[PDB]
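Quick look at a structure containing bepridil.
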Amino acid sequence: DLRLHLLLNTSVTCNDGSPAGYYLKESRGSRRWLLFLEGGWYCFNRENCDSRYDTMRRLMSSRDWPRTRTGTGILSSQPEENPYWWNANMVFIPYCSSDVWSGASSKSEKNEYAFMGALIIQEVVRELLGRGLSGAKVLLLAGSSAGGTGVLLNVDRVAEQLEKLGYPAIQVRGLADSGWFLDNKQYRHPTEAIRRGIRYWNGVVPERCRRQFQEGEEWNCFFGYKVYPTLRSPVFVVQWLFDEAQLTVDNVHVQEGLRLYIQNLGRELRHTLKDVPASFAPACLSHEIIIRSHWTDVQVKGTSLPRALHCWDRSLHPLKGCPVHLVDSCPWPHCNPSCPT
Ligand SMILES: CC(C)COC[C@H](CN(Cc1ccccc1)c1ccccc1)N1CCCC1
Ligand SMILES: *[C@@H]1O[C@H](CO)[C@@H](O)[C@H](O)[C@H]1NC(C)=O
C-alpha cells in the first residue's frame, strides 16, 4: 500500500483551502521514481465548481481522504501486474485542484476557490527530495486523462526545478496517457471552456509554447499536438485512436455520415502521432489505461505497452525486436483483437 502524506507547506492547497498531498511507497533498493497525476475533468466558473463541490468533493478537498491507497497497474509492485517498473518508488498525487494541473492562484477575499495544480506538483517534488528523491537516476512524471494533459504542461517545469535546486543528474521524463485531444469539428452542435478556465485559474503553460501563441491564445498549449514539439524532456504518448472523452466532446454516442466521421477521427489522430517516436495508439473505443490492473493485455503489432515502455528505457541509454513507435493503421474500433472488452 501507498501511505498518505499531507504537504508540510499548508499554503499549497486543494480547491477549498485544505492541504494537498501525496501517497508514497518507497523502494530503498531502487533509483527509479514514478510520480502519477490523477485525472477527473475540471471546473471553470463559480457555478459549476459549486456543483462539483457537492457531488465530487474528494476532487476538491483532502478532508475525506483515506490513510492508504493500493497501487494498481503501472503503480503495482508485483511483477506479474507490472512487468515494466515493479521495483520503483511509487507516488500517487491526488487531483484536488480542478484545473488540469495548470493553476497558480490562492484562495483570497476575491477568490472563493484556490487553483494550485502547478504549485502542488512543484511542492511534492521539493518535499520528496528529503525522502530519497535526491538519489534518483530517473523521475518519470506520468498521468491519465486530465493528468495526461497535466504531464504535458508540467514535465519541463519539473526538469527546470531540479536543475535550479542543484540536481542535474536526475533525468526527468514524461508519460502522458489519454490526454492527447484534437480541436476538431463536432459531429453535432468546447475550446471556450479552456479559455475561460485559464483566466479563472490563473493557469500557466510551458514557456516556449506560450511564446509561440502569445497573450490570449495560451489555450492552444493544452492540445498535445501543439505543445509536444516545444518540449525538451522525453515524452511517451499513450492514446486510444477512438478515445471516449474525445467522442463525448464531439457529441458522438451506424449510417454513412457517422461512419465517415469516426474513420476521419482515427486518421487525424494517427496523423498527429506520425512524428512522435515514443507512442502507443491502439484502434479501440476506450479511455485511460496505465493504472488498470489488466493494462498488460493490449498489444499493437504484437507488442504490449509494458514492453514498449521497457524498449523506451533501452533507447534512452532502432532496437532489434524492441519497438517504441506503435500506432494502429486499421480504421475502425476493435479492428485490433486485443482491445478491452
Ligand atoms: C479530460 C478533460 C480535461 C477533457 O476536457 C474536454 C473539454 C476541454 N477541452 C477542449 C476540447 C475541445 C475540442 C476537443 C477536445 C477538447 C480540452 C482540450 C485539451 C486538453 C484538455 C481539455 N471539455 C469541454 C467541455 C467539456 C470537456
Ligand atoms: C509555501 O508555498 C508557497 C506557495 O507556493 C510559497 O510562496 C512559500 O514560499 C512556501 N513556503 C515555504 C516555507 O517554502
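Residue numbers count from 1 along this sequence. Atoms within each ligand, like the ligands themselves, are counted from 1 in listed order.
- The location of bepridil, copies and all, is ligand 1.
- In this complex, the main macromolecule engaging bepridil, as named in the PDB entry, is Palmitoleoyl-protein carboxylesterase NOTUM.
- The deposit credits the origin of chain A to Homo sapiens.
- Looking from atom 18 (C) of bepridil to the surrounding protein, the closest heavy atom is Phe223 CZ, 3.4 Å.
- Closest to atom 8 (C) of bepridil, if we only count protein heavy atoms, is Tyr42 OH, 3.1 Å.
- Every atom of bepridil is numbered from 1 in the order shown, and the set under 4.0 Å from a heavy atom of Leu182 is 13 (C), 14 (C), 15 (C).
- Every atom of bepridil is numbered from 1 in the order shown, and the set under 4.0 Å from a heavy atom of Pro190 is 10 (C), 12 (C), 13 (C), 24 (C).
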N/O to N/O under 3.5 Å, bepridil against protein:
residue  : atom   : partner : partner atom : Å
bepridil : 23 (N) : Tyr42   : OH           : 2.7

